[PDB]
Engineer: 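Structure in structure tokens, see below.
Here is how names work: the chains are called A, B, and so on, in the same order as the sequence lines, proteins then strands, and each is numbered from 1. Whatever order the structure lists ligands and atoms in, that order sets their numbers, starting from 1. Determination method: X-ray crystallography, 1.7 Å. Excluded from the calculations below are hydrogen atoms, water molecules and symmetry mates; all remaining heavy atoms, backbone and side chain alike, are included.
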Protein chains: 2
Amino acid sequence: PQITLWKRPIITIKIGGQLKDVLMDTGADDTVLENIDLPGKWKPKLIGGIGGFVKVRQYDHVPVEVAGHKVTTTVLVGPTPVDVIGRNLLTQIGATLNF
Amino acid sequence: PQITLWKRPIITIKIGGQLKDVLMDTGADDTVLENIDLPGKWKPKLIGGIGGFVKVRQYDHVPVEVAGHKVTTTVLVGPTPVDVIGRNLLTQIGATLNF
Ligand SMILES: CC(C)CN(C[C@@H](O)[C@H](Cc1ccccc1)NC(=O)O[C@H]1CO[C@H]2OCC[C@H]21)S(=O)(=O)c1ccc(N)cc1
């Protein structure tokens, strides 16, 4: 699809067996969601948001389906006011910003 | 132009007689810049992100130039660690996401 930006660019992905609505965020390096149920081990990561640096859980090799592509990706889980998919996943699906 | 996302999408904008490097950010509802003095009246706003709320000043109808287009636009000014242009300005220049 080609999406204009008058509305927030939200799409539905499948992650850890669940459908989740997520904002496509070109200013995010990483994909971050709050309070999702992902199995297995994780490591601590510190990310810097607009308000400061925040501790999150980093899950590697997570199967996601986005825009009908099935990939594996890194997913961070932690306090965020919006569940976002960042450039790590947007590049995986070949997304571009056009103008 | 068509920008892939393996890199952060950083463009220059001319504003307030300054040249600033800004992230083109589909996750930001509105542009926010840290180090800049803009003339005139403004209204206080809180914006919400990772790490909590940030207090900003909202300036309306600010002349800027980005991607070769002169427009007037809403600019938020406050202590963001990274300057971004948001969907308000991206829509004024016809930016879209494609995947
Ligand atoms: C979290 C989003 C809903 C909102 N943010 C825009 C977002 O693109 C920020 C923009 C951003 C970028 C860098 C530093 C601060 C803010 N990126 C961000 O927080 O990304 C985090 C996830 O990946 C990591 O890589 C970058 C920081 C981490 S935001 O900066 O809080 C923001 C909120 C409201 C407005 N009007 C403008 C910006």
Engineer: Report, by its name in the PDB entry, the chain making the most contacts with ligand 1.
Structural biologist: HIV-1 Protease
Engineer: Which of gilteritinib, itacitinib, darunavir would you find at ligand 1?
Structural biologist: darunavir
Engineer: Are any other chains within heavy-atom reach of darunavir at under 4.0 Å, and if so which?
Structural biologist: A, B
Engineer: To which protein heavy atom is atom 36 (N) of darunavir closest, and what is the distance rounded to 0.1 Å?
Structural biologist: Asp30(B) O, 3.0 Å
Engineer: Looking at non-hydrogen atoms alone, which of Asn88(A), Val32(A), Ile50(A) comes nearest to atom 29 (S) of darunavir?
Structural biologist: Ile50(A)
Engineer: Go through darunavir atom by atom and flag the ones less than 4.0 Å from a non-hydrogen atom of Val82(B).
Structural biologist: 13 (C), 14 (C)
Engineer: Would you mind checking which non-hydrogen protein atom is closest to atom 38 (C) of darunavir, with the distance to 0.1 Å?
Structural biologist: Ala28(B) CB, 3.6 Å
Engineer: Of all the non-hydrogen atoms in the protein, which one sits nearest to atom 34 (C) of darunavir, and at what distance?
Structural biologist: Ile47(B) CB, 3.9 Å
Engineer: Any idea which protein heavy atom is nearest atom 31 (O) of darunavir, and the distance to it?
Structural biologist: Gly49(B) CA, 3.1 Å
Engineer: So what's the organism behind chain A, according to the entry?
Structural biologist: Human immunodeficiency virus type 1 group M subtype B (isolate BRU/LAI)
Engineer: Can you tell me the protein heavy atom closest to atom 25 (O) of darunavir and the distance?
Structural biologist: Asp29(A) N, 2.9 Å
Engineer: Tell me the protein heavy atom at minimum distance from atom 4 (C) of darunavir, and give that distance in Å.
Structural biologist: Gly27(B) O, 3.6 Å
Engineer: With a cutoff of 4.0 Å, is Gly48(B) in contact with darunavir, counting heavy atoms of the residue only?
Structural biologist: yes
Engineer: From the options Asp83(A), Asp25(B), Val56(B), select the one whose nearest heavy atom is closest to atom 10 (C) of darunavir.
Structural biologist: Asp25(B)
